[PDB]
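Pictured: dihydroorotate dehydrogenase, co-complexed with brequinar.
Heads up: numbering here begins at 1 and tracks the sequence. For ligands, and for the atoms within them, numbers begin at 1 and follow the listed sequence. Side-chain atoms are counted along with the backbone in the values below, which use heavy atoms only and exclude waters and symmetry mates. Determined via X-ray crystallography, 2.4 Å.
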Amino acid sequence: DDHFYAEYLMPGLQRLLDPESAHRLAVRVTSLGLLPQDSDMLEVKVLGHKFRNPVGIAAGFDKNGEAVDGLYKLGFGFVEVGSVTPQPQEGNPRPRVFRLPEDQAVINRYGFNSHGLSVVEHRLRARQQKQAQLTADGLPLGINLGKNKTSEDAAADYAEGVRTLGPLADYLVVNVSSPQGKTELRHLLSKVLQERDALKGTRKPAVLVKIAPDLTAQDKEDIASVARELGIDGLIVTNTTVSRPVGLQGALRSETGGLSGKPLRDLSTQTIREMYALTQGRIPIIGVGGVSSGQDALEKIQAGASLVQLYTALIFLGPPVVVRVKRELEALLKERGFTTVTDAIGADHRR
Ligand SMILES: Cc1cc2nc3c(=O)[nH]c(=O)nc-3n(C[C@H](O)[C@H](O)[C@H](O)COP(=O)(O)O)c2cc1C
Ligand SMILES: Cc1c(-c2ccc(-c3ccccc3F)cc2)nc2ccc(F)cc2c1C(=O)O
Ligand SMILES: O=C(O)c1cc(=O)[nH]c(=O)[nH]1
Ligand code: NA
Ligand code: NI
């Protein structure tokens, strides 16, 4: 029930623990399955895969692939693992996670705390068989690849992620947004796609680029330009923002890092519209940023998203939020004339 979690449970956990401790606890609980129907309307085919429902869990929750199965159990149409780095790295010194309850927002500067490719690969291979079945059933797995803080070759770091986890991923994600020109971007992504095309004995995973909501007009044109030029399979809009919107009440708003949650809701959707227009609706887009209801989800899809993802909403509303968003999205699609989710993609631009 939505009320119990929002009014009591989540608030209870927030007074007993600091955000990073709660995050780790959330992962334990989710991976153990101490948790507990998708219509055909929500089914989305894109990126060469089938998704029973368009609501996935965004990268950052399960950084080391410890709770994949638990996440699907919570109702997610797809799971995106970590932001995994080649070598293990501790990340920024603590505290590095801050709660903004009144804003239904969070601010983090984790710095890519990661177990590493070796560990995540081992874990994911251990369940490769189960995931194979999951994928076949419209529950794809995404893997977000990062790079080490001290690494010298960014492209080499990502490429290594493609080789090690490409065989295990349904789709891969390269960041360029965690809180440089059109040429440096083109070289990085071409080497990644080349490594992807070099894979064998495995189904080639789609490659998407995740961008920040903090981009200049030139940044968006360049990203759109390179994406179409290289044939990027998609884009994830949007990642956290460094800006602090006028109206933030949280006492920790002055904290450095990326802001997620409701404050990022519309900035995320507007970026989706802009990127969708710059790519002429030719590049599938996964919309993320402040999704907390079916309606927020529909606004992202109409702006141009084929799929959406959420994270912060789960932090304050808990598991029930996943069920509520899907239920509302379905009800709204009907009410607004769309026979399927696919029909609403890019509806804003079509007028
Ligand atoms: C605590 C935290 C950790 C995150 N870690 C990652 C990460 O490792 N890699 C990544 O690509 N995005 C990361 N993100 C960003 C989310 O994937 C997402 O882009 C952003 O939070 C917007 O969605 P939301 O408002 O629904 O949370 C993180 C976000 C939060 C709040
Ligand atoms: C409470 C919380 C949780 C969480 C989410 C879901 C659950 C959960 C999951 C499954 C079943 C029951 C539950 F309560 C438990 C705990 N995850 C986070 C992740 C990142 C972050 F920065 C902060 C948090 C915070 C926080 O406010 O400190
Ligand atoms: O680990 C992190 O700091 C991090 C990475 C990223 O892509 N986004 C975010 O909000 N935090
Ligand atoms: Na526009
Ligand atoms: Ni694969």
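Counting every copy, the structure places brequinar at ligand 2. With a heavy-atom cut-off of 4.0 Å, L34 does not touch brequinar (ligand 2) at all. The FMN-binding residues of chain A named by UniProt that have a heavy atom under 4.0 Å from brequinar (ligand 2) are exactly: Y311. The heavy atom nearest to atom 8 (C) of brequinar (ligand 2), out of those in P101, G318, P319, is found in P319.
Nearest UniProt active-site residue in chain A relative to brequinar (ligand 2) (non-hydrogen distance, 1 Å): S178, 14 Å. Comparing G33, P36, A67, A26 against atom 3 (C) of brequinar (ligand 2), the shortest heavy-atom distance belongs to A26. Using 4.0 Å as the threshold, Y311 has a heavy atom nearer than that to some atom of brequinar (ligand 2). The nearest non-hydrogen atom to atom 19 (C) of brequinar (ligand 2), considering only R99, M10, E20, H23, comes from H23. Backbone and side-chain nitrogen or oxygen atoms of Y5 are examined, and none is located within less than 3.5 angstrom of a nitrogen or oxygen of brequinar (ligand 2). According to the PDB entry, the source organism of chain A is Rattus rattus.
Other ligands and ions less than 4.0 Å away from brequinar (ligand 2) are, by number and name, ligand 1 (flavin mononucleotide). The heavy-atom binding site of brequinar (ligand 2) at 4.0 Å consists of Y5, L9, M10, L13, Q14, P19, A22, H23, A26, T30, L35, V97, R99, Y311, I315, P319.
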Could you go through brequinar (ligand 2) and list every pair where one of its N or O atoms sits under 3.5 Å from a protein N or O, giving the atom names and the distance to one decimal?
| residue | atom | partner | partner atom | Å |
| --- | --- | --- | --- | --- |
| brequinar (ligand 2) | 27 (O) | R99 | NE | 2.9 |
| brequinar (ligand 2) | 28 (O) | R99 | NH2 | 3.0 |

